[PDB]
Amino acid sequence: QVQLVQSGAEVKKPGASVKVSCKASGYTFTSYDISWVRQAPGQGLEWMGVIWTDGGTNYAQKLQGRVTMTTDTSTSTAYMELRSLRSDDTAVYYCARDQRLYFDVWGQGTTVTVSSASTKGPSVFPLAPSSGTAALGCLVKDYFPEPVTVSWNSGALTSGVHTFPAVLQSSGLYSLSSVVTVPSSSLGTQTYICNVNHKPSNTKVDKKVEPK
Amino acid sequence: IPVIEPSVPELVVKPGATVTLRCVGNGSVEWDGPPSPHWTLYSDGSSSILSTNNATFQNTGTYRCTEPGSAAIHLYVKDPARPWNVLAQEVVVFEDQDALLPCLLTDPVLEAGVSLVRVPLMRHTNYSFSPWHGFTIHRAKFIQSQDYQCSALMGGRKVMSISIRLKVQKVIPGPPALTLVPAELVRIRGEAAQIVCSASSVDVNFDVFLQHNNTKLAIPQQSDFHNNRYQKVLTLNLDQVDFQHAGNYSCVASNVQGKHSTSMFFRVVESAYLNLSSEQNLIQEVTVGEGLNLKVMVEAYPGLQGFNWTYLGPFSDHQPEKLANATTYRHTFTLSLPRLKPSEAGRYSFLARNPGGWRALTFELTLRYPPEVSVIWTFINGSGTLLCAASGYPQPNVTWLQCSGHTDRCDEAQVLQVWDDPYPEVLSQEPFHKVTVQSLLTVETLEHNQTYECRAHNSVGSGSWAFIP
Amino acid sequence: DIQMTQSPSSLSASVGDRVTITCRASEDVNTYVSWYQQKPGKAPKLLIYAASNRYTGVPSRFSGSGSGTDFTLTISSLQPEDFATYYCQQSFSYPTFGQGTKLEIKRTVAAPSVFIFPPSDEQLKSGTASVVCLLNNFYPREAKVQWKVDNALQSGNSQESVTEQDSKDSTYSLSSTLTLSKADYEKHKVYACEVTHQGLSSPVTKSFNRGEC
Ligand SMILES: *[C@@H]1O[C@H](CO[C@@H]2O[C@@H](C)[C@@H](O)[C@@H](O)[C@@H]2O)[C@@H](O[C@@H]2O[C@H](CO)[C@@H](O[C@@H]3O[C@H](CO)[C@@H](O)[C@H](O)[C@@H]3O)[C@H](O)[C@H]2NC(C)=O)[C@H](O)[C@H]1NC(C)=O
Ligand SMILES: *[C@@H]1O[C@H](CO[C@@H]2O[C@@H](C)[C@@H](O)[C@@H](O)[C@@H]2O)[C@@H](O)[C@H](O)[C@H]1NC(C)=O
Ligand SMILES: *[C@@H]1O[C@H](CO)[C@@H](O)[C@H](O)[C@H]1NC(C)=O
């Protein structure tokens with residue numbers, strides 16, 4: 001019922017601008033102020049500014065001159081545009097209902113990726129088992145932007161699966177691993193295939209992981 | 001002795017009921033009861049009335065009436081869910097003193113099923129119970145310094161009160177325990193004053209005296225023995241005070257284990273006063289979005305009969321309530337203004353009044369704003385002109401940039417020309433508002449692959465607006 | 001700006017435990033303090049506002065206290081949902097947040113099962129070698145991985161990643177990747193990852209010899 005729904009993930013080049021939307025429902029939109037809060041990967045929360053019910057704005061000193069907050073009374077939509085983007089602007093952007101003394105309702109967040117990199121599909125390499133229980137996996141390397149989805153045996157294998165957070169390489173591409181621990185006896189009977197999806201580049205790869 | 005109405009030793013009412021306790025005397029009568037603001041006190045020449053329209057379990061207690069120059073009634077408000085009215089959650093006594101845990105039973109009918117619990121069962125504790133006063137732990141030991149609860153059997157089930165913390169202090173050697181009431185006193189020449197200096201000890205041998213500016217007073221002492229302690233009280237009654245009574249009063253107590261002293265200052269004034277001050281300048285300037293606290297210090301005698309905060313300021317008159325206070329002859333009044341919005345700029349007046357008159361202190365709050373920039377294309381006397389409007393506080397400057405290509409911000413590489421306007425035309429400069437400045441740039445011919453940016457700056461920040469035709 | 005200092009930065013507790021998180025403001029913020037709960041991939045959720053006021057639908061086990069500069073958040077009896085990150089926020093001046101307090105499940109020590117993966121032949125054909133070291137299902141989070149390429153320890157050619165604490169067994173897993181060129185990988189023979197953990201008396205070395213299979 002009482003919600004703020006944000007626009008989808010964005011990928012930009014340094015120097016570009018991004019305009020994020022935030023649509024209200026379940027309450028009189030024009031009766032409350034709207035704040036934008038950002039969170040960088042693995043970091044804390046940072047308030048960016050407020051737009052009051054009158055149309056006025058108060059921006060965080062660090063973003064002053066570079067950020068614009070607007071509202072559309074007719075569509076109950078709040079907007080936030082951030083210009084002259086840089087790498088350190090890569091964060092999750094939230095709009096929240098500003099009751100001055102607290103932020104009671106929050107949007108689901110909008111991921112914004114600022115990079116000089118270009119859309120690139122991953123390369124899936126096996127992590128073959130060596131020799132009770134054995135570990136095998138996949139190396140999903142050199143892709144841009146995030147995310148990648150990884151499944152084992154098209155959802156049939158879930159127990160003991162570990163898909164690690166993506167790591168950002170110096171190259172600007174991402175890399176991750178998905179591992180699974182199975183019994184040693186099953187290595188000569190069972191077939192293990194990791195299913196890797198990268199929607200941004202339309203890469204759908206199914207890689208069979210077997211011992212050397 | 002004064003007379004109470006109803007003329008009964010105890011009274012039982014249900015929650016919600018109307019209670020009226022009227023005391024009548026030959027002269028003036030004075031009530032002293034535990035709860036407020038529950039009771040509405042009306043008092044005339046011969047009587048005093050304690051009244052309530054909605055009885056609460058918190059109204060349970062003993063109400064004593066005295067005629068200065070005693071009678072009591074106990075009220076029980078039988079709350080079917082609240083058997084206990086806890087007067088204090090902290091009780092402090094010395095070792096071998098009786099400790100009263102003020103658990104007030106709301107139904108006298110409940111007394112025989114009542115028990116003291118230690119949050120839960122205690123060790124070697126001797127206690128008695130009073131329906132009017134609560135539990136008494138006899139000759140309190142150091143080990144009995146714990147958190148207790150009062151149980152009442154209601155419908156065959158145990159119902160606990162809120163915890164009462166007992167602190168039993170070790171009785172160490174030293175001079176007799178001192179008391180001096182009041183801690184401070186202010187009186188107008190001709191009024192009456194009472195200064196009470198008392199001392200207690202576990203031994204009867206001790207001396208106590210009240211000294212005025214290092215000159216010992218001839219106060220007759222009232223020696224007593226109460227709660228495993230000997231007490232000596234010195235009541236100083238001054239019928240009509242004068243500038244000769246003013247000064248340092250010291251309560252001095254001594255025994256074979258030392259000499260002790262405590263002091264108070266008695267101020268005598270010629271008439272009622274009310275002085276208002278602030279550590280803060282009355283002229284305030286803060287950036288929009290910042291929090292501010294406006295503090296006034298009030299030294300007043302007699303007590304204030306009224307005080308408020310008023311927004312006089314130019315915008316919507318949303319009035320304070322916001323307002324908090326700490327400290328009684330000294331008070332600090334603080335108006336809290338968190339994350340200041342632009343309509344909160346203006347004048348805030350603090351007013352206080354007492355028998356001496358009224359006083360006010362008015363603060364002027366101006367807000368700082370980074371520049372907000374707007375660019376439009378217009379025609380002034382047939383000539384094509386770019387109009388840049390910049391708003392902010394303090395007054396901003398303006399800069400124009402022409403650059404190759406369509407962009408949000410002209411970069412050093414793309415910039416073709418720069419015009420500086422440090423002091424543009426002042427459009428609006430009203431108090432508690434943003435200053436609006438205007439710069440006009442006549443452009444003879446405007447090309448396609450180019451944008452005109454207007455940047456404005458002040459001490460608070462920068463604003464920008466790029467125009468692409 | 002007003003700094004909000006949170007204590008502790010990390011907290012391990014069990015279901016049923018009473019937990020206290022403190023927050024200190026660099027200046028007086030009256031009672032304009034709020035508490036937020038954030039779980040991975042989710043937005044923050046308001047718990048407490050006005051220093052001690054519980055928000056709608058928030059269980060009674062959550063409580064707030066404080067005035068001026070020192071504030072506390074108390075969770076009286078931990079439930080499995082309560083394990084998350086908690087932030088304090090001041091709203092007296094420009095809104096600012098504390099760095100966070102991570103509340104995780106205290107469990108018994110479990111040593112990691114170490115696995116090393118040589119680079120695939122498919123990868124080496126592109127001209128790069130990724131050597132992976134897997135540290136499987138361990139407790140606590142604190143583990144160390146060192147890479148050794150012919151008894152020479154390595155600086156600046158590896159990246160590591162850690163999973164969130166397991167919803168079932170409450171353990172962690174780590175993956176470290178050593179990246180070398182095909183030219184550099186073929187200059188050496190012995191590739192080893194050396195693991196340090198509380199569940200281990202001495203570092204565990206899992207290794208391979210390039211060429212040998
Ligand atoms: C804050 O309080 C002041 C003073 O009022 C008095 O003290 C308060 C603490 C309370 O105890 C009050 O009950 C008490 O009255 C208020 O200001 C006063 O308000 C009155 C009525 O609004 C003013 O009277 C008017 O005066 C003009 C001439 O100036 C006449 O034309 C009108 O017909 C009318 O009589 C009075 O001047 C004013 N007093 C002072 C000293 O300024 C104030 O309104 C109140 N603020 C809020 C927020 O309620
Ligand atoms: C424009 O202003 C910049 C910021 O200075 C502040 O704002 C101006 C309006 C004055 O009030 C000044 O005293 C403040 O410190 C300056 O750094 C900049 O040099 C100014 N530009 C020109 C061309 O004068
Ligand atoms: C001494 O007493 C006089 C009044 O008799 C008073 O004004 C004065 O302040 C006292 N001295 C001190 C040090 O308080």
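Chain identifiers are assigned alphabetically (A, B, ...) following the order of the sequence lines, protein sequences preceding nucleic acid strands; residue numbering begins at 1 within each chain. The basis for the numbers below is simple: all heavy atoms, side chains too, and nothing from hydrogens, waters or symmetry mates.
- The name given to the drug at chains A and C is RG7155.
- The chain that RG7155 touches most here appears in UniProt under the name Macrophage colony-stimulating factor 1 receptor.
- The dominant UniProt domain at the interface of chain B with RG7155 is Ig-like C2-type 4.
- The PDB header gives the source organism of chain B as Homo sapiens.
- With 4.5 Å as the cut-off, the chain of RG7155 sharing the most heavy-atom pairs with chain B is chain C.
- In this structure, the epitope of RG7155 on chain B at a heavy-atom cut-off of 4.5 Å takes in B:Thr287, B:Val288, B:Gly289, B:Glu290, B:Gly291, B:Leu292, B:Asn293, B:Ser336, B:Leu337, B:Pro338, B:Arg339, B:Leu340, B:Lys341, B:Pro342, B:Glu344, B:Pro370, B:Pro371, B:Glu372, B:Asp408, B:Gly461, B:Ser462.
- Contacts between RG7155 and chain B at heavy-atom distances below 4.5 Å involve residues A:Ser17, A:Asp33, A:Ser35, A:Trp47, A:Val50, A:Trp52, A:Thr57, A:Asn58, A:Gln64, A:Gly65, A:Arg83, A:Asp98, A:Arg100, A:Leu101, A:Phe103, C:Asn30, C:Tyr32, C:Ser91, C:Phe92, C:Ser93, C:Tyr94, C:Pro95.
- The PDB entry designates chain C as Fab fragment RG7155 light chain.
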